[PDB]
Amino acid sequence: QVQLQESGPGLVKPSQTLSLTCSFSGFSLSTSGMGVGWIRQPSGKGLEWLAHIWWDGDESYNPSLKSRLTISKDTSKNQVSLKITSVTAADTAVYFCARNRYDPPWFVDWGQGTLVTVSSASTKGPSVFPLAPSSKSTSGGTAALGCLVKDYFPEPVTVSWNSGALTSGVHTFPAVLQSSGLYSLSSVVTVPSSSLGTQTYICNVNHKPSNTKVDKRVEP
Amino acid sequence: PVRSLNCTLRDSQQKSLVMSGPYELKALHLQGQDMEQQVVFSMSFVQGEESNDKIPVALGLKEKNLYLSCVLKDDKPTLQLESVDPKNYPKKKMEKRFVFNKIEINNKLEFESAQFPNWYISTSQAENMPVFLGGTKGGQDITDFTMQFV
Amino acid sequence: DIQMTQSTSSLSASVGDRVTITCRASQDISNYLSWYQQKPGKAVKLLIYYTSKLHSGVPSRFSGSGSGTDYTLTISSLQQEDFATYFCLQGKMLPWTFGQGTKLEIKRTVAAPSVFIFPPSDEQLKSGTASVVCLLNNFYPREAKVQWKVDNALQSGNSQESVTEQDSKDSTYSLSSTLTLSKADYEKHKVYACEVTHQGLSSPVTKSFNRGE
């Protein structure tokens, strides 16, 4: 029925202008009472309301950053844009768009969000290493295997197993920022020791910001 | 400061509007001795679509920190009287629910809710009934008013 | 600005418990309050609007109450899928403001981790670095002491931990600990061990390997 989807540049330098787009379907923003808002969430923090636009183009802004914000709509493309000028590291966050009908607003549908990192650091692809299952794990029991996705920037990195056909027992850990300023994470999966063995295990790694793609076979 | 004016409103059938409760208005004919009971509105000119036939306004009760608003209640556009922060009102950019499109039609006034088009500030033909938001095309209820400056 | 506050930042509760999450506005918000649920890897969901109205599709165990400045979100009988962060929002006055959020964790029976150790790959060793990985799989509670020992010497400041968000089906956590050494430092030692102290273990579990294959 209704869907909202945020898109944006992923990594921006401090003092640059950030342009975000909310692509929506299943409703018209020209319908009386209709509205679209932008909300952000910095890492480890809560939700912050940023801006809103009504069907009649009446714009609303959070005064804590009103001078730096511009919200606009394109009812021919079914898109709502958010422009943030002179960005700083304080603007690093997941940005969401959400819709409502009428004031006061009840934000009924939200997008999945888009991550924006504000940094002068260079984009770097990860190295992908296998975490081979142990030869002395469990005799006819459970074995663990994985992939180490090391030294990349910015977030995020996409990790799947057997091109998405393997989901049970998978844990892709949250990335950890290293002292070098590069991220690292491991993705693991627990499997029966009996099929180590007979079944092929491939970790599919895609660091979309650097276009670094690696499929690694994880063998005993 | 936002442009505003002090006025009274009377419906098409000359019924006056009074404060019947802390968040309620009623319409009834007032005899010469009870005229002072009528509410005095402070009508402000807010942001929106400018036209000599349709202009955006906010309807506040003079020095009472109360504004008329229209909100969806159980899927029905509903007229309300809401208390506001005295330190933030009146303001040029009002929250959407407070905005009415003031329409000048046949030497009378109509107040259409900005977010609920085709819904108007209305009165019942009967006496001492609450002032409400009406969506009827043209029948039983009154949507036409006269304005008297205070 | 109307300030919204949620006195509880985080809490844990058992399945079946009646859970109460409070929100206080700095001034009268005339019941113009809504509650949102945020789950890991999922879009935020509206649960309750206009203080007490349930959004279509939301389970009936969720309810809302309050007036003026004090509001409450209630979960009548808590379920394992209810692990999330809950935020209130006021729509009384611009700028619209949210509460800081209340993160609700699910309490469950203690479950010991399955422990696994991974030496650095031959592939990584060719690059000059050695990462040793310790995996703690599907355990509860989140709290665990994970220590690295190299030739019986306790390691300090050369490892990093990562923990998964609470599992939606079994309410457990999983943890990784990565010890990073230079290839040269790694080749100077034989015994690499990961030692785990946890409420589910009767005595600490150690997983180890000898570099000499």
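The lettering of chains (A, B, ...) simply tracks the order of the sequence lines. Residue numbering in chain A adheres to the PDB entry, whereby the residues present occupy positions 1-220 in order. The residue numbers of chain B are those assigned by the PDB entry, with the residues present covering 2-151 sequentially. In order, the residues displayed for chain C correspond to 1-213 in the PDB entry numbering, which applies throughout.
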Peer 1: In this structure, which of gevokizumab, epratuzumab, solanezumab is modelled at chains A and C?
Peer 2: gevokizumab
Peer 1: Out of curiosity, which chain makes more contacts with gevokizumab (chains A and C) than the others? Name from the PDB entry, please.
Peer 2: Interleukin-1 beta
Peer 1: Which residues of chain B fall inside 4.5 Å of gevokizumab (chains A and C) on a heavy-atom basis?
Peer 2: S70(B), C71(B), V72(B), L73(B), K74(B), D75(B), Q81(B), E83(B), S84(B), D86(B), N89(B), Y90(B), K92(B), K94(B), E96(B), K97(B), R98(B), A115(B), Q116(B), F117(B), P118(B)
Peer 1: May I have a table of the donor-acceptor pairs connecting chain B and chain A (gevokizumab) at distances under 3.5 Å?
Peer 2:
unit_1	atom_1	unit_2	atom_2	d
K94(B)	NZ	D58(A)	OD1	2.8
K94(B)	NZ	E59(A)	O	2.9
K94(B)	NZ	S60(A)	OG	2.9
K97(B)	NZ	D56(A)	OD1	3.3
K97(B)	NZ	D56(A)	OD2	2.8
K97(B)	NZ	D58(A)	OD2	2.8
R98(B)	N	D103(A)	OD2	3.1
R98(B)	NH1	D103(A)	OD2	3.0
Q116(B)	OE1	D103(A)	N	2.7
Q116(B)	NE2	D103(A)	O	3.1

